[PDB]
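Caption: PDB structure containing gemcitabine triphosphate.
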Amino acid sequence: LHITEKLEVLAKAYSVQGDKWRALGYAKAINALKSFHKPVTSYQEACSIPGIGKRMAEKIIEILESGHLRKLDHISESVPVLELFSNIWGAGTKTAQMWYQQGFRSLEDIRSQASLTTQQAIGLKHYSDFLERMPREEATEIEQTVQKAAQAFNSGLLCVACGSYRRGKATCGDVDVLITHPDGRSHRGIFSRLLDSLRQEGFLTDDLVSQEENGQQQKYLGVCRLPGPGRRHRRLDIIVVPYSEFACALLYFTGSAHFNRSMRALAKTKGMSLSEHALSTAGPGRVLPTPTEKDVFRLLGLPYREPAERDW
DNA sequence: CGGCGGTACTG
DNA sequence: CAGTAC
DNA sequence: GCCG
Ligand SMILES: Nc1ccn([C@@H]2O[C@H](COP(=O)(O)OP(=O)(O)OP(=O)(O)O)[C@@H](O)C2(F)F)c(=O)n1
Ligand SMILES: [Mg+2]
Ligand SMILES: [Mg+2]
Ligand code: NA
Ligand code: NA
Ligand code: NA
Ligand code: NA
């Protein structure tokens, strides 16, 4: 806390206005300022911290000394509105800035005047719902609904809830279901059947991303709702992967996002490349053998981590 | 200087 | 493609 | 913004 509470509003201001690299820098400086054993008190001290350069140091000496940070006085008043628009699924910083330039200030303005993509229209229709977390118990019910429908046309299908669910969180922003088949081939063409089964029973309410004319579809992003009173619309993400990519896909879909980024960053320093598909060597490199998550960790020179230890 | 993760849709 | 998303 |  302290200096960090002021750096954070700045970091978010930069993020929502699209300065993602500078926001990134603020993020990492804030982390470093979160785990330093002591209240920094000197320019020299701050600078000695990995993640904190001269500039960020300049701004720390200004905080606990004058109590203020003049930079916060220069945050565009547009920022709260950019964040409002930005929270619409399918609208990012470019779209929000454009709406704002065109004079849009409220979701009512958006509803009545903006031209919305199909995704943004669904995003708007479920604005509040997409901003809530569900109890992990609800994520379980949702994943089982998907699994039960999948196992209907092929009981061999492996279905696994990933993301914050697999990391053990008490609540989940949505449900991430990884689907594969141990025989290494029966995963092909399952999306059509699965999705239609799920539509058939009124489980799926909206589709956000779903290239079903592509026999090579990898992902489904959309919306579902369990039956009964007091149910909310929930975001559901499904990926279907070849068994050969199981460990990398599992690792990717388990996150956290910051964890994946860090791990891929490490692979690169070691002459590798890590994706949801595989871990390979840096033109056509070599695909490395990764039958299990542990294999990816080992090859990177790391101690294995339980999903819950990946909650970065 | 130049990377900051690597990849899949949509229009 | 630029934009957005996982 | 920060890093090598
Ligand atoms: N920029 C991103 C976003 C996601 N993911 C990977 O895609 C997975 C799912 O994305 P999610 O469902 O949106 O984020 P969650 O962790 O489950 O937190 P919540 O419950 O609020 O959703 C991530 O775990 C991932 F593992 F993090 C990623 O690799 N890079
Ligand atoms: Mg999730
Ligand atoms: Mg998700
Ligand atoms: Na430093
Ligand atoms: Na959005
Ligand atoms: Na479609
Ligand atoms: Na609802």
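Sequence lines set the chain letters: A, B, ... in the order given, protein chains first and strands last, and positions in each chain run from 1. Method on record in the header is X-ray crystallography, 2.0 Å. Values reported hereafter were calculated over all heavy atoms of this structure, with side chains retained and with hydrogens, waters and symmetry mates removed. For ligands, and for the atoms within them, numbers begin at 1 and follow the listed sequence.
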message: I'm trying to find gemcitabine triphosphate in this model - which chains or ligands should I check?
response: ligand 1
- prompt: By the name used in UniProt, which chain has the largest number of heavy-atom pairs within 4.5 Å of gemcitabine triphosphate (ligand 1)?
  reply: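 It has the most contacts with DNA polymerase lambda.
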message: I'm curious which other chains sit close to gemcitabine triphosphate (ligand 1), say any heavy atom under 4.0 Å. Can you tell me?
response: A, B, C
- prompt: Which other-chain residues have at least one non-hydrogen atom less than 4.0 Å from gemcitabine triphosphate (ligand 1)?
  reply: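 The heavy-atom binding site is A:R133, A:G163, A:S164, A:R167, A:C172, A:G173, A:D174, A:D176, A:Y252, A:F253, A:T254, A:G255, A:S256, A:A257, A:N260, B:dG5, C:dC6.
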- request: Pick out the nearest UniProt active-site residue of chain A relative to gemcitabine triphosphate (ligand 1) and quote the non-hydrogen distance to 1 Å.
  value: A:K59, 24 Å
message: I'd love to know which of the UniProt Mn(2+)-binding residues in chain A sit under 4.0 Å from gemcitabine triphosphate (ligand 1), measured heavy atom to heavy atom.
response: A:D174, A:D176
message: Would you list any other ligands or ions less than 4.0 Å from gemcitabine triphosphate (ligand 1) for me?
response: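 I find ligand 2 (magnesium ion), ligand 3 (magnesium ion).
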- request: Say whether A:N260, considering both its backbone and side-chain N or O atoms, lies within less than 3.5 Å of an N or O atom on gemcitabine triphosphate (ligand 1).
  value: yes
Taking atom 1 (N) of gemcitabine triphosphate (ligand 1) as the reference point, the nearest protein heavy atom with its distance: A:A257 CB, 4.2 Å
query: Looking at atom 23 (C) of gemcitabine triphosphate (ligand 1), what's its closest protein heavy atom, distance included?
result: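 Scanning the protein heavy atoms, the shortest distance from atom 23 (C) of gemcitabine triphosphate (ligand 1) goes to A:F253 O, 4.0 Å.
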task: List the residues that UniProt gives as binding dCTP in chain A and that have a heavy atom under 4.0 Å from gemcitabine triphosphate (ligand 1).
output: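 The overlap, by heavy atom and UniProt annotation, is A:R133, A:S164, A:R167, A:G173, A:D174, A:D176, A:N260.
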- request: Identify, for atom 26 (F) of gemcitabine triphosphate (ligand 1), the protein heavy atom at the shortest distance, and state residue, atom and that distance.
  value: A:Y252 O, 2.5 Å
Within-cut-off N or O pair, A:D237 and gemcitabine triphosphate (ligand 1), under 3.5 Å: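 N/O-N/O distance below 3.5 Å does not exist for this pair.
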query: In the PDB record, what organism appears as the source of chain A?
result: Homo sapiens
